[PDB]
Amino acid sequence: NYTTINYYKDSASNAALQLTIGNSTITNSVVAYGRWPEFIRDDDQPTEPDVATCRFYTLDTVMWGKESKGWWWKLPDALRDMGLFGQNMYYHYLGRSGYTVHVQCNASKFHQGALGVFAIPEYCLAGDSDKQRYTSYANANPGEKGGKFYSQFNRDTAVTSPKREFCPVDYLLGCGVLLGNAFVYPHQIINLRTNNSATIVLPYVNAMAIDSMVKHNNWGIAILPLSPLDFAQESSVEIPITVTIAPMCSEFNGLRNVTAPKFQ
Amino acid sequence: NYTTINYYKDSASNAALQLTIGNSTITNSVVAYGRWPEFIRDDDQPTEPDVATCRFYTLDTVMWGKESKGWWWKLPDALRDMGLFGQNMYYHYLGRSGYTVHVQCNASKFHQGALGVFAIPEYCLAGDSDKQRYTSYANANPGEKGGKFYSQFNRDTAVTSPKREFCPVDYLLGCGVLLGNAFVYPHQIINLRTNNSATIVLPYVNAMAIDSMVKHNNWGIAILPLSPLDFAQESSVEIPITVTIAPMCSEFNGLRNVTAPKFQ
Amino acid sequence: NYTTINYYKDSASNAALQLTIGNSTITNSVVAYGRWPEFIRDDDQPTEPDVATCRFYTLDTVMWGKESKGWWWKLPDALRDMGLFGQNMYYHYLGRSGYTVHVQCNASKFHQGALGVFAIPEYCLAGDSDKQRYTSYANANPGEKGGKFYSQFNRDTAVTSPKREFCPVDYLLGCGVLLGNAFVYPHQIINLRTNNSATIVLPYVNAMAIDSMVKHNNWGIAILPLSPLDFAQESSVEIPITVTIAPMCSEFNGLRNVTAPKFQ
Amino acid sequence: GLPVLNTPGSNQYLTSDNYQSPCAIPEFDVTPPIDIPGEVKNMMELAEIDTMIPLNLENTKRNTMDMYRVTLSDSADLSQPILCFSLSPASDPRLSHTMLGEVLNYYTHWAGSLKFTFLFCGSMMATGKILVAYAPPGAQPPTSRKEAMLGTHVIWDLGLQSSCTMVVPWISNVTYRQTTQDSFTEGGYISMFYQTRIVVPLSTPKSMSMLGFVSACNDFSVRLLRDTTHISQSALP
Amino acid sequence: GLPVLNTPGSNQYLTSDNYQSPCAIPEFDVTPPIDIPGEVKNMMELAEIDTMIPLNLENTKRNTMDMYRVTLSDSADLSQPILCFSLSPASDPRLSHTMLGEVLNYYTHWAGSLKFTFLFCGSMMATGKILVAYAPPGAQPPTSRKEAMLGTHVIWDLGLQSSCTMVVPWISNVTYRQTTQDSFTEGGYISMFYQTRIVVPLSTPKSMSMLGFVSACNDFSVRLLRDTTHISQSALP
Amino acid sequence: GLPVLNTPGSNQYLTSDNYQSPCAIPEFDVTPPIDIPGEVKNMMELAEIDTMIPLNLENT
Amino acid sequence: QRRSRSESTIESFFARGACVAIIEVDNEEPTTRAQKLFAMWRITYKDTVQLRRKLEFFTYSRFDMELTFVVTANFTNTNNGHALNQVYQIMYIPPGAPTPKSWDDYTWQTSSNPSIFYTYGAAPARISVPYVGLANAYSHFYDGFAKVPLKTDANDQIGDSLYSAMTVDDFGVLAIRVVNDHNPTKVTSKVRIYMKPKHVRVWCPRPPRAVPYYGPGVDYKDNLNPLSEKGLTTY
Amino acid sequence: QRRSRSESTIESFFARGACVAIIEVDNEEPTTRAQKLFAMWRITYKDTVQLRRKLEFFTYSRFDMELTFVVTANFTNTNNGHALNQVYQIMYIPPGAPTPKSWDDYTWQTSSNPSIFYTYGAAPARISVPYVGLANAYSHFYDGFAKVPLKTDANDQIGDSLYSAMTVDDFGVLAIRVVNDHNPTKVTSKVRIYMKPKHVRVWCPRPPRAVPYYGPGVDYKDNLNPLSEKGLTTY
Ligand SMILES: Cc1cc(CCCOc2c(C)cc(-c3noc(C(F)(F)F)n3)cc2C)on1
Ligand SMILES: Cc1cc(CCCOc2c(C)cc(-c3noc(C(F)(F)F)n3)cc2C)on1
Ligand SMILES: N[C@@H](CCC(=O)N[C@@H](CS)C(=O)NCC(=O)O)C(=O)O
Ligand SMILES: N[C@@H](CCC(=O)N[C@@H](CS)C(=O)NCC(=O)O)C(=O)O
């Protein structure tokens with residue numbers, strides 16, 4: 001074989017069913033990257049509410065019709081005002097947690113339509129102005145209500161009082177990539193002719209073992225209608241969509257006074 | 001001895017009688033390159049008509065006189081309309097086969113003359129115009145009839161309606177090489193004073209294990225009079241020449257609808 | 001591991017309580033660099049007065065008030081006129097010795113203040129003129145009396161008869177470095193609410209095993225008030241500070257006639 | 001010192017070379033890594049993931065969500081194909097911008113089998129049968145079910161199964177195919193036809209949508225890395 | 001002779017390289033060393049030594065001895081903090097010029113815990129209690145004792161002990177923090193408050209001074225050597 | 001051939017260096033030495049020999 | 001044998017040098033008006049688009065770096081004389097270190113900062129750098145801010161920060177100058193920097209960019225119609 | 001793993017080249033008036049401030065040295081012609097050795113003094129030096145004198161000496177010349193010297209300099225207010 005000896009001392013120089021959680025119960029699931037949520041490994045005492053925070057919280061129901069273009073949420077932003085989980089978030093400097101997301105949508109055998117649910121790590125969205133990275137904290141953290149997609153890019157032509165809001169586009173996924181490839185991310189498809197619910201399990205993903213839960217969002221959830229809703233020969237159709245999220249294996253550290261962000 | 005060590009990881013960087021086949025019988029032979037036809041080795045299920053295609057087919061007889069300059073055929077082009085072999089050719093995308101060629105020419109003890117039969121792999125012929133590689137598919141695939149050689153280069157001086165035909169030259173072998181060296185190829189000599197027939201066995205030769213039989217011809221057969229025909233003190237002499245070809249170890253793959261080339 | 005062979009023959013080319021001493025007794029201590037004074041190792045017969053020179057000598061008492069800015073002494077300069085130690089210094093060319101320094105300052109429970117005592121090796125002070133390194137020998141060796149610090153730099157604007165004196169600054173430690181970092185040197189803190197005395201043990205420190213005691217001072221002692229003196233609601237307060245120094249493990253060599261420096 | 005002779009190629013910079021160079025920050029304490037989910041070892045792993053195909057690239061539907069949907073109806077012409085395209089994973093516009101196509105556009109040669117999936121998004125009350133056919137190259141592209149059924153084909157029942165999968169195997173004369181358009185290395189054709197028609201009862205929608213996905217198999221390989229044409233630049237920041 | 005090929009980087013001078021060079025004074029008899037007290041093996045050893053903090057950097061007290069003293073009194077507003085600063089060992093003006101800060105200014109990345117010490121220089125007849133608090137980053141800087149006591153804190157009794165020590169542990173999202181000001185790697189806040197007030201009897205001073213010191217612990221590390229901004233030059237001698 | 005990288009100091013002439021150089025007269029038959037009295041191994045040996053001191057350096 | 005996937009590995013996928021910076025430096029007589037006697041470049045991989053697009057296939061990465069420098073010089077006028085061979089100095093300034101204000105200030109002493117001296121006409125310069133990430137891996141995408149506004153803040157600018165940004169100054173800068181004095185004739189020069197990742201690990205694959213980049217972020221402004229026209233039933 | 005202190009060692013702290021000398025040498029026709037045909041530089045590390053400040057963290061030191069030389073040349077006029085490549089001679093003159101008085105005197109024979117001949121356009125010159133201290137370690141600070149005045153001295157100048165100085169001449173000097181004769185056109189050149197300590201040992205740590213240096217000593221003249229303003233109760 002060919003001979004090789006490394007000269008320098010540095011390595012760089014070298015040549016190259018029912019699910020019950022806590023006091024909540026909901027009656028196949030998808031695990032992101034095949035990794036179940038877990039606590040920090042062996043390699044300041046953390047606080048861990050075993051059941052006061054690891055349970056299912058239900059968000060506000062939304063309506064799906066013939067003109068809906070999609071919805072998106074950010075985690076852990078969406079759960080900032082849910083029981084003691086939010087209190088622990090705002091009373092500590094460092095936090096960590098995984099999630100279990102459950103999407104519910106029921107219809108009849110005479111309806112038709114398909115929804116795509118995508119879980120995206122580090123889901124960064126585009127703005128609505130010539131200025132770059134000018135979106136504000138308040139607009140980037142809607143909370144429980146979340147946001148919506150659009151079919152076109154509407155530039156905010158107002159220099160007097162810029163809105164500083166996102167302008168996602170459905171077929172660009174709001175980030176400049178084609179929607180067809182979004183299936184690279186963890187995903188589920190709800191087809192009304194086969195099923196009525198979707199489930200995803202998300203572990204903690206980040207470049208650090210633990211990070212602030214207030215200034216950084218680890219996950220994004222996007223729901224988009226792949227096929228339009230229809231029902232018999234009716235002009236208008238509307239059905240509800242519900243989202244339920246459960247924290248799992250949550251840890252907090254850095255206890256001090258409480259944080260009170262200015263949301264408008 | 002001298003010392004040498006290879007440094008780079010890449011190898012390129014390193015310093016440098018009766019013969020019966022199927023339902024046919026014909027009453028010494030030459031094997032090209034000393035390799036008998038064989039099926040593909042171990043290294044989509046192929047179709048293989050054992051006897052419906054591996055048999056002797058006889059082409060149209062030609063006449064040899066005192067002014068004949070030669071004849072040429074292309075394989076597998078010449079057998080495109082022979083029984084089920086052609087049907088398999090045009091019903092499949094990939095084909096493979098070897099051949100057995102038998103040339104027959106009989107005369108009397110008072111005749112004299114010599115024929116040279118040459119089997120050429122990748123037999124590419126020259127055109128008849130200033131434009132390069134402008135010959136058409138129809139003219140390059142004559143079929144059973146085949147083509148003929150010429151004693152001089154006749155340029156096609158017609159830009160209105162170019163013929164787009166080959167212009168082979170006998171002493172240049174139709175490809176820009178001297179005829180005397182054509183014996184480098186597999187060959188036979190029919191001398192009327194010793195024998196009356198020739199036989200050659202051709203294996204499958206190509207850069208690929210299997211290839212299309214419609215857009216590529218693997219073999220060419222060339223017959224040329226090395227010595228002119230003569231008989232007693234007669235002004236005109238004509239005798240027949242016959243060619244019989246048998247496919248051997250033929251395989252086909254890629255079954256779909258039938259292909260119908262436009263031959264004029 | 002990586003391979004390395006040194007080619008050149010030269011290494012440089014290679015790639016990279018009561019304490020009693022003698023007839024003196026004084027009724028926790030700090031050892032500089034954790035090294036006790038010792039005699040020269042095995043690696044001209046030296047003279048060594050075991051007890052005629054290794055004993056406590058007391059200097060002149062100073063007064064600490066509300067405007068005092070600090071005091072400094074140089075060793076072995078301060079002991080040049082103390083018994084037989086000075087005689088041995090001036091009768092020999094080479095000398096060596098360590099020291100034990102004891103600082104005494106007593107007050108009442110109703111006083112407050114803090115003193116910092118620092119032992120500095122090679123304590124070089126700044127001048128008082130534009131000319132550089134122009135200080136004279138007489139001014140740089142005050143002796144028992146020592147010198148004082150100042151709160152500002154007073155340039156000596158007199159070219160007719162330059163004074164050639166030091167101009168130390170309290171917050172610059174007299175050498176261009178911040179006082180807060182002076183704790184890098186061996187140090188003690190006398191806080192009137194906890195203690196009333198300080199003790200330091202200094203070994204012999206120099207680039208040579210033995211050196212002249214007349215033209216080179218090995219140690220400097222600096223005392224500075226970290227907190228101002230105060231007493232009840234009185235306008236003026238003064239208390240005494242005393243310094244006692246004991247040579248330890250002293251050696252001399254190079255006996256000849258006596259040296260008589262011109263101190264003014 | 002040691003005699004040496006300089007050979008051709010000295011003092012040149014080849015961007016694909018692999019040599020050792022000095023480190024400008026010696027004795028650096030590198031931060032240790034952690035186990036982060038989602039590690040990737042090979043780019044082919046990305047090409048094995050199914051992604052939607054923009055089948056409908058009509059003028060008014062391209063660059064829009066509807067380009068991912070193919071319409072099906074109970075009153076369609078049963079004698080005409082539903083969709084047709086060519087087996088050019090990197091050059092065909094309908095396959096070039098998929099994840100498989102994006103990965104292939106960084107390479108010059110490709111080989112292996114492919115997997116196509118079709119999803120039916122109608123009502124549970126709809127029924128029908130479809131024929132999905134692949135034809136190797138060499139002959140006329142199929143224009144009718146009679147021609148298509150002579151090649152490789154699969155029959156799909158909508159009622160029993162809402163999704164269908166067809167594997168296109170590797171059948172070629174050369175060992176590797178080019179990622180650019182070339183007749184000497186053409187791959188074949190893919191077509192779809194109605195076996196039976198779509199039947200729905202009353203009070204049910206008569207029109208529905210179908211989706212398509214493509215992916216690679218474990219016997220897929222690429223060769224000769226090269227730059228892509230999907231990104232450009234006109235000015236430097 | 002031996003064939004050789006010159007690679008990129010030949011005949012360049014990298015100031016951080018480590019090669020061999022000929023010696024201009026061969027056969028030199030070097031003077032042997034001796035055992036001198038005070039040998040240093042690592043620069044971190046200097047950062048573990050406590051040094052005074054110039055807490056009071058007011059306009060009329062900066063660059064003066066009084067900048068090292070913090071005033072305490074028996075008539076002070078008990079509802080207001082005594083001192084407050086940020087945990088920026090290298091960029092905060094009150095910590096930058098300390099020995100720890102001077103060492104850190106030669107490096108780009110730092111990590112580890114810190115030790116703060118406070119010394120009380122009043123009379124033996126004075127008594128009182130103090131609260132010293134550290135708050136991790138993320139929330140509003142504390143402005144009252146109620147907010148401060150929710151974070152890490154220590155209660156110090158002046159009468160029993162004249163000195164107090166508080167250890168600020170390493171709590172961060174990143175493995176290393178920058179030595180420059182940056183919100184993404186902020187460290188937290190340090191504050192002090194009166195738990196009780198300072199009580200003195202008659203014939204005793206009512207005002208006193210307090211001193212502060214900072215040092216590093218054995219779990220401290222630095223990375224990526226760089227030049228400092230504390231020394232400059234305008235002309236060559 | 002063998003990859004190499006040129007380091008600083010290449011193609012310089014240091015008068016105190018110690019390298020190998022080719023010989024311009026190969027296969028030369030050197031005359032053998034003999035035992036000559038007075039061989040010197042070190043310069044210090046010359047400094048150990050006593051010599052007169054010009055003590056009186058007056059003008060005349 | 002059977003076909004292999006040797007060249008589709010991450011290491012093979014990133015085993016090429018890519019340009020990231022073109023920097024202009026001039027040598028001429030200093031004057032009152034603005035000049036390019038020394039240049040300062042902020043380190044980043046987003047100036048170009050090829051390596052950026054290749055890297056953005058994944059969310060997290062961890063690698064070492066190899067940097068190569070190619071220098072090309074030329075004249076500007078032809079009636080001023082000629083020049084001798086020039087020497088270029090390249091200095092790395094990490095965050096917090098002092099920055100030059102002139103081509104001959106004290107900062108060039110490079111007592112602690114690493115520096116390279118390059119002689120024109122020699123082989124292109126080259127160095128290697130280890131992984132210098134504060135966290136356990138590099139983050140190509142960061143959904144968050146560096147500050148959080150608070151209700152108790154005096155004004156709204158206290159907590160304002162750019163979206164999807166970690167630090168104002170990251171990885172420092174490079175300062176390039178010509179050490180030689182000025183000849184009577186002006187001489188211009190360009191330095192091209194080529195970067196090659198080594199020992200690469202990646203996490204969380206991501207779909208590639210489909211529309212032209214617009215700034216360091218994910219924003220898009222123009223050319224939002226990438227796909228072309230084709231027939232539904234057309235081969 | 002756990003964090004290491006590999007890069008905070010003394011050897012790593014001093015493992016960089018630092019400039020200590022910039023020397024000008026000219027080649028032109030000799031004339032009656034003063035010229036720079038040859039330059040003499042006194043060896044020291046106090047000309048600059050970075051390496052000096054780094055070294056003054058300690059009282060005593062012991063190390064070997066690595067020296068590198070970078071040469072840059074240029075023209076001055078454009079109506080006199082051109083020049084051929086020049087050769088530079090650098091000679092080390094220890095104390096007591098004869099010093100040159102002209103660019104072509106006998107002293108350049110360098111029969112015993114080491115010398116370097118450098119050809120312009122080649123790699124920067126480099127050499128190494130061992131520890132050459134008379135004592136057991138180098139003394140960065142020396143509190144004393146070299147002479148002691150005596151009462152019996154005839155005058156006060158017999159015993160006068162500079163404070164904090166050991167020897168008038170220490171470590172010798174370096175003499176640099178251009179060996180080539182003079183072309184019709186003048187050519188200027190600058191030699192930059194970079195110094196790297198190796199095999200370093202230190203003793204008696206010392207607080208660093210806080211105010212600008214003023215001369216070889218510890219004297220201070222101006223800018224005695226380094227610290228800035230800040231609030232006592234301001235974060
Ligand atoms: C992700 C990612 C990684 C990077 C670049 C990190 C490396 O940054 C550098 C560079 C480009 C050069 C040097 C450098 N070290 O030395 C030199 C010099 F000597 F050439 F000046 N340059 C040091 C770092 C940390 O940017 N984004
Ligand atoms: C402390 C301290 C250490 C020093 C410098 C000591 C080394 O001094 C030198 C230098 C700088 C160069 C040479 C030298 N030897 O050879 C050459 C030449 F060949 F380049 F001329 N230069 C010799 C000594 C002793 O200065 N202060
Ligand atoms: N032609 C323009 C653009 C030059 C330029 O910098 N082009 C960029 C891309 S927009 C580039 O990378 N060019 C190739 C190179 O010079 O390395 C100019 O000269 O200013
Ligand atoms: N600009 C002035 C100062 C030049 C100079 O020598 N500067 C010193 C610091 S005051 C230096 O080290 N410059 C960087 C270098 O040239 O190496 C001049 O050209 O005379």
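Every chain is numbered from 1 and lettered A, B, ... according to where its sequence line falls, protein lines coming before strand lines. Each ligand, and each atom within it, is numbered from 1 in the order the structure gives. For this deposited structure, the header notes the method as electron microscopy, 2.6 Å. The structure shown is a partial extract from the entry, and contact counts are restricted to the extract. Values below: all heavy atoms of this structure, side chains included; hydrogens, waters and symmetry mates excluded.
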I'm curious which macromolecule has the most heavy-atom contacts with ligand 1 - what does the PDB entry call it? Capsid protein, VP1
Drug at ligand 1: pleconaril
Using a heavy-atom cut-off of 4.0 Å, which other chains touch pleconaril (ligand 1)? D, G
Going by the atom numbers of pleconaril (ligand 1), which of them fall below 4.0 Å from some non-hydrogen atom of G:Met65? 3 (C), 4 (C), 5 (C)
How does the entry refer to chain D? Capsid protein, VP3
How close does the nearest protein non-hydrogen atom get to atom 17 (C) of pleconaril (ligand 1), and which residue and atom is it? G:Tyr92 CB, 3.6 Å
Per-atom contacts of pleconaril (ligand 1) with G:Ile90, taking only distances under 4.0 Å to non-hydrogen atoms: 21 (F)
Which heavy atom of the protein is the closest neighbour of atom 19 (F) of pleconaril (ligand 1), given with residue, atom name and distance? G:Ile116 CG1, 3.5 Å
Nearest non-hydrogen protein atom, atom 9 (C) of pleconaril (ligand 1): G:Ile43 CD1, 4.0 Å
As an exercise, identify every atom of pleconaril (ligand 1) less than 4.0 angstrom from a heavy atom of G:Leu67. 10 (C), 11 (C), 12 (C)
Which protein heavy atom lies closest to atom 26 (O) of pleconaril (ligand 1), and at what distance to 0.1 Å? G:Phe171 CE1, 3.2 Å
Provide the number and element of each atom of pleconaril (ligand 1) under 4.0 Å from a heavy atom of G:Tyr138. 1 (C)
Contacting atoms of pleconaril (ligand 1), where contact means under 4.0 angstrom from a heavy atom of D:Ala24: 15 (N), 16 (O)
